Protein chains: 4
Amino acid sequence: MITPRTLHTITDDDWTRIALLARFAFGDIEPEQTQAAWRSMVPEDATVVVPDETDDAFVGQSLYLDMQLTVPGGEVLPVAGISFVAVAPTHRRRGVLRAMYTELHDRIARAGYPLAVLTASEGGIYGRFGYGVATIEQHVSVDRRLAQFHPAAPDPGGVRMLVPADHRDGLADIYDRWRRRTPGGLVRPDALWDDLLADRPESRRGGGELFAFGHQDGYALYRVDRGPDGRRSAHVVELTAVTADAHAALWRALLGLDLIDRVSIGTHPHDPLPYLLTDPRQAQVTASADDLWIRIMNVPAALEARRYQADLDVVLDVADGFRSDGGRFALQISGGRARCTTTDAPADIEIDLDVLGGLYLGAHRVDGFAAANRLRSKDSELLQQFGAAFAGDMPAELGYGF
Amino acid sequence: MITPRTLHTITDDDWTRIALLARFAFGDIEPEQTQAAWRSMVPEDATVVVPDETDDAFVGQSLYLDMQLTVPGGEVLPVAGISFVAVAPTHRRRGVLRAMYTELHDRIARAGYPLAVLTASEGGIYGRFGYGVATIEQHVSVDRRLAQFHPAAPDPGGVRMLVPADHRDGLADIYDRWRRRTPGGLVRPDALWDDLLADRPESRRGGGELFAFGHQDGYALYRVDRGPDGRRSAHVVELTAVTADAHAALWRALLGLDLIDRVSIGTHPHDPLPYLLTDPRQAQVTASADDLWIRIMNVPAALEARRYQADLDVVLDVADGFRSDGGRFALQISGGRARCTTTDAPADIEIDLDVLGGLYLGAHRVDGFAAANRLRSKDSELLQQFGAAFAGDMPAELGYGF
Amino acid sequence: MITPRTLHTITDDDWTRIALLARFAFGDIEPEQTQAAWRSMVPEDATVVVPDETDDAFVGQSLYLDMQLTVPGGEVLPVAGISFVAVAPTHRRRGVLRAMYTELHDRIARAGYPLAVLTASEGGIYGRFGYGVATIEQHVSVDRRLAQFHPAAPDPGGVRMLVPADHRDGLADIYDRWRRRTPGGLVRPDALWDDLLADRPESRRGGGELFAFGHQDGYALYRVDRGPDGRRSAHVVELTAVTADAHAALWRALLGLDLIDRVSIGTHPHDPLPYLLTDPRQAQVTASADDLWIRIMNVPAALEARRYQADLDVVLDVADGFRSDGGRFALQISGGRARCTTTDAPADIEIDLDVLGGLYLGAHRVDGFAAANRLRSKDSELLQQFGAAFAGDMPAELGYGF
Amino acid sequence: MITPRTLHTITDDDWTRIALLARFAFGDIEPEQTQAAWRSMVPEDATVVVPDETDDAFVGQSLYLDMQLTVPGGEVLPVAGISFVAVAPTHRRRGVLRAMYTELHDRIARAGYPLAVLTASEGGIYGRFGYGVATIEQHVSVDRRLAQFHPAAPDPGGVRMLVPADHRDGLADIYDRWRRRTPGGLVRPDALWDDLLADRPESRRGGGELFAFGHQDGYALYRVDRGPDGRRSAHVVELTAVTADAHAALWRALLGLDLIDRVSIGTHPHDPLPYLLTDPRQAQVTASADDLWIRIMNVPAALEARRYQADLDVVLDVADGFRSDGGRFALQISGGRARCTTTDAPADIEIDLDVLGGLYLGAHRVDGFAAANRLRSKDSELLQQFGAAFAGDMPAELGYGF
Ligand SMILES: NC[C@@H]1O[C@H](O[C@H]2[C@@H](O)[C@H](O[C@@H]3[C@@H](O)[C@H](N)C[C@H](N)[C@H]3O[C@H]3O[C@H](CO)[C@@H](O)[C@H](O)[C@H]3N)O[C@@H]2CO)[C@H](N)[C@@H](O)[C@@H]1O
Ligand SMILES: NC[C@@H]1O[C@H](O[C@H]2[C@@H](O)[C@H](O[C@@H]3[C@@H](O)[C@H](N)C[C@H](N)[C@H]3O[C@H]3O[C@H](CO)[C@@H](O)[C@H](O)[C@H]3N)O[C@@H]2CO)[C@H](N)[C@@H](O)[C@@H]1O
Ligand SMILES: NC[C@@H]1O[C@H](O[C@H]2[C@@H](O)[C@H](O[C@@H]3[C@@H](O)[C@H](N)C[C@H](N)[C@H]3O[C@H]3O[C@H](CO)[C@@H](O)[C@H](O)[C@H]3N)O[C@@H]2CO)[C@H](N)[C@@H](O)[C@@H]1O
Ligand SMILES: NC[C@@H]1O[C@H](O[C@H]2[C@@H](O)[C@H](O[C@@H]3[C@@H](O)[C@H](N)C[C@H](N)[C@H]3O[C@H]3O[C@H](CO)[C@@H](O)[C@H](O)[C@H]3N)O[C@@H]2CO)[C@H](N)[C@@H](O)[C@@H]1O
């Protein structure tokens, strides 16, 4: 009783049927405008579902969004943004997920995309299907009362107080400038902008209505919120800056607010904030989570489209235990650019598709993977070269979650 | 108007004074015998104090340890380790601290040391003097019952259950082989060993009673504790491993304790553990914090000491605002080795000595300091090269605190 | 080089700038018709703001409300209620505050107000400007199920349960009766009652709709809420009694609710609630925090207005390091009343202006101040006599906060 | 059934009976040396027990310690400190406690004591027996990191660190100088001093070993304590200060412990500590609670021993539902000194014996009692004159627990 039919387009009864299943698997009723916004991002032939005994509702679902992701060196690639994946609580353990994934990857594949990307949702299983953790989110916390900036620290001022809803075109532009300069940057449709700034109480979790700071080269969205204390603290929801001074002047404004005791952000790994303060201990790094996951769908494409931090000439055997996207490729990186030729010479390096996925925005070291035999070579030193080559120019940051 | 006094040698009465201040200053301190080992490690003319208006106990105290740190590429350097620094709460008011630091650091240079090192005390100002954070601890924490090793991951066995005090010599040179390999490695006199494996109730601190896992190329000391819940959790006091075989093996043993709920450790930034499991989410990285602070006491000595990761030719002006260990240097790095001579040439890159110290073990990135003007160049990729070169290839781990 | 600017009258696109600033600066934006009411209370030429270089929103703002304060002895003085003072977290450190406070106080002075009053908010630098804490607020928690009145203790009854809104006038009259009897007493404009009984969800925390109790001489507003447990307790929001029996009878009421585990109230220091029980231990006193602060603007005006508890023939040297309302005064107090007149004699007692302020409503002892050398006299008993004089019969208590 | 007998002295076998019953009723068995300390204090014919059927153990116990309370004006009286009151939880609800108290209070009365005193515990019924709350213990905490002393504030200097053990005499001497100035000052026998510095761990509340700060005119005693999250608060157990400076100097000391995030203390109502800080808000009053309770045994003797702050000539009717120590009394106060003789004329103020005991150290304001009818007079300004007379120059602080 398992066959998946790929929706050519998402009718209003299909979406209703999907927002039912999705509601069970993900929690709240993301509001009408938020999902419509999401629905608008779905290329056609991009929704694989599995119906029930009587085709009244769905008992499995998936889809990818049509996205454009920046990779190191600056190129944008179109990526397939896998999401709204759910199998009914009732039908699990009967292999619905796998069936539906194969069909969605053959659709993702035929539709052209070089990379597939997701965020991890609880209970998901991703490694064996070839997805690796590509970016890291690091929650960092500053007690504003004791933080005090370093002498050398920039102090560019020129930060306006903003109503975010009134500067859609303004913000969205700042974001775009950063997007083009930062790996992990997704393009964000006017749809989502419209929907973010709206400040739906629903999507709202973690504070009240939305405050915003503005700079010619950056902006910051944050919410205030009280604890059991009475004592409030600020949570930064997005802080996007395109110049160092943007970034600095914003952090300066943020620790400006006398109302609040702490400010926390969910940032990327090497954020400059601590180095801005006289003493790094004043900023308090308190978690490191996975953010963006990545299945490389077409090796040569993906590997050539990005730039490299060291030079390397090697044959690379990619294991793929789900599809046939691997094989042996000849990686040849010359002045930080690659030419990734299909081969059947012997290999220098064996790598599982999920770990090629992960290295890819330069967020990892071969150290963990190698020591875990997901990254093999008779030649210890070459494997260090490989990692250096794949290391990132700039710290990856996913633009937004999906 | 206050002059400090260098003690040619620390007497029983001195030490009593020193112990008394350091108790008020650091909290009811180590046992008598731990104190005895630290004392053991203080060379001559290495103690600076500000005597009380009449000498009973001191108003100000500082000394340094004779130590031996490992730098990248395995060279070992003698380093001065600034410990038991403290100003009696009754004189934190009047500039005692700078007085001692000036004298103590004078002493440290008269003695030859290329580096001064310390771990941070609450209340200490540090970069002012040229100490920068040079290594990092991530607090990783795995939920045993849900963790799961990767199918790929090595399962070498080789683990012996241990009573720790009973293989003091064995453990001790596993740790040496490690020390010799890892940047950050402090030598560890047997005085310190016998103190730790003595496993004293006061110096137990956070948990129950040391357990040990032994292995031909690694050990793991841990303590179990249970809190209000009724449920236990292991905390790893130290895990030293020389092979990735030792490490996997040790970690397999660790996540084998049915007794245990979570297993916490305090380790370096790019630890194999999460890569060893099927889903990097099973391991939960929580907090990242400073470990080891460095002040470079002799730029050419220390710069020539380690090895590097790109080539580099640059003239470096190094800004010290405490002593005069500053100045313009030719930094010439090829094939890893560096030649660093003093010069009158115009500088390509300015750098503040406290950030030169931080970068010294390969720990950070340039982006942060650059962003804050603690590191400048009109050429923006000269910087990117400089950084690229100072980077490490073994994550730096401070050997123990002091 | 900043010149501030007085708004002779508040515009609509003036009130817009002010709310926006205020929202950035005090957490939430209180409901519209809350703002409407306050703004209703701002007299002419009583708003001081600082425009941006652009002059689009405000980067500094402050204003006073014209009010009506009761002092020891029942006299009622007009008082500048300093409110909404706020500085954009962007132009911080630019000392706009001194620029504004200095104009806003010239205004207050021109207007002829004897006192200025405020409630404190985070970051507020207040003593520095001659403000002093003038009333104290004790929080109290009775656990109903073990509480029980004393045998001797009044049981008048006469408490109706009310719906708050419907007896707006009735409430208002009762309040007013209290006000004229109780130093601390602010007049409450009808605008404000309306907004109070209105009970909009947005400035309710913590609890639900607003329950109430009505005695001929007293009333009690409160909210109930489920906490974590989730067991319920009642926050008394405001309880006003003119006679001991309304006090008794209302407390009786409050403690007879059943949902309730405990009843909590913020109230003044010598509240007879605990004296009303068989054991004061039933009535847990939780905190003691600042409420109303006072800056004496016209020393003679203000001193003369109230009346006193001891006699006193002393020469006062009020010290003011912000403005110039200092000087030496012959303060002679005979049987209640004081004639304070400016003079040239040397001093007996010297006294910082912020101290005179806090001492004004009686709720301090001179001991603390004297110890700090904020209250200096060479004559030891003179000081203790000053205290004697400035004490008061009715415990001071602010009417409501702003 | 119940017939209490009054031990002439305590024999070693009698003490074990009491230590037995005490453990059941109080939990920790105070170390041997503690118990001896108290035994030391128990005078002749001062122990009252009820034995059980076999006459092997006791099923009800009580005694009083011979003590020395300091009352207003600085005169010391001998007071009977009721201690160690127990009833076997087996024989509770049989009237054991009233029986025991009645005889204990003749012993006290016939002994010649004008005051019984105790620190309340458990349940703890105390009102009816004539005991009222006499002194108050307000808990204060200071976030050390944020607190600043007011510029005006003494910085007297003069504080040393100590091993408090090695300074018992000079400590006790300072304590003595304080005890004779402060109402509530108990005399502290060497035995007790010896037991406090004994620092035994099974009587150690609020931290680890004892720290000391000594001044010639005061000392602070505190423990340090580490929270779940590894940050230390330091809790003062005793801060005895004989002059203003010593008080300033010691706080100035305490707040200078970089180790410590907050300091806390259980102190008296009007301590100067918040007044010493530039903003009183950095100090936080966090509880207010009963300390010492008092029963007046002999009204005339007691009222004559203390001094007063006003004058009055009144007939005082003292209620008493447990003994007949009440009566009507001519109370005339002038010069702050009172003569009090029995009189048969008719009364102006009728007073419960609770509230005379409670009002005795000048703690309370009479408004509370009067509202609750435990204090009564027609003439409403007579109550007011009574209270005014009964207030106290020095804030009262119990010397130590018992
Ligand atoms: N594949 C899992 C996905 O889970 C989704 O649910 C959400 C979450 O799972 C995901 O949360 C990500 C988290 O994975 C991730 N490890 C870290 C990240 N901080 C979170 O994202 C969060 O931060 C960014 C703000 O910059 C926002 O874009 C996002 O709304 C917010 N929830 O962001 C998704 C969108 O808010 C979808 N319900 C589902 O379509 C999809 O399948
Ligand atoms: N100069 C500053 C120093 O502060 C010191 O303070 C002690 C602690 O602050 C320091 O603790 C460090 C901590 O700062 C640091 N941020 C991280 C580190 N993990 C802790 O160290 C801890 O872990 C290591 C191994 O992990 C152990 O060997 C060590 O005993 C343990 N305390 O280790 C020191 C000794 O435990 C000393 N009191 C003193 O010698 C010295 O003045
Ligand atoms: N300068 C502080 C001013 O506070 C205002 O904001 C609020 C707070 O400052 C103020 O809070 C005060 C608090 O300061 C104060 N130290 C103690 C008091 N418990 C609180 O007030 C609270 O209690 C009283 C009744 O008990 C209520 O009337 C009041 O609405 C309530 N918020 O009550 C105001 C709410 O009406 C104004 N936005 C602004 O003028 C400025 O922030
Ligand atoms: N309640 C009756 C008494 O309780 C005693 O037990 C102890 C406690 O009751 C009493 O604790 C009191 C507390 O009741 C009291 N109402 C408030 C006070 N904070 C506590 O006292 C505490 O702080 C004081 C300093 O103020 C310290 O001297 C003392 O170590 C500490 N116990 O201090 C007593 C001894 O430390 C006796 N076992 C008993 O003889 C006696 O009947």
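In what follows, chains carry the letters A, B, and so on, assigned in the order in which the sequence lines appear, proteins first and then strands, with residues in each chain numbered from 1. The way this entry was determined, per its header, is X-ray crystallography, 3.3 Å. Just so you know, these numbers use all the heavy atoms, side chains as well, and skip hydrogens, waters and symmetry mates. Portion of entry displayed, and contacts counted within that portion, nowhere else. All ligand and atom numbering here is 1-based and tracks the order in the structure.
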message = Would you let me know which chain has the most contact with ligand 4, using the name from the PDB entry?
response = Enhanced intracellular survival protein
Choose one of netupitant, anamorelin, paromomycin for the molecule at ligand 4. paromomycin
message: Would you mind telling me which other chains place a heavy atom less than 4.0 Å from paromomycin (ligand 4)?
response: D
### Task
Report the organism recorded for chain D in the deposit.
Mycobacterium smegmatis
Q) What residues, by chain and number, sit within 4.0 Å of paromomycin (ligand 4) when only non-hydrogen atoms are counted? A) D:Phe26, D:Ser83, D:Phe84, D:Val85, D:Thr119, D:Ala120, D:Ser121, D:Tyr126, D:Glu137, D:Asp290, D:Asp291, D:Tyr400, D:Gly401, D:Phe402
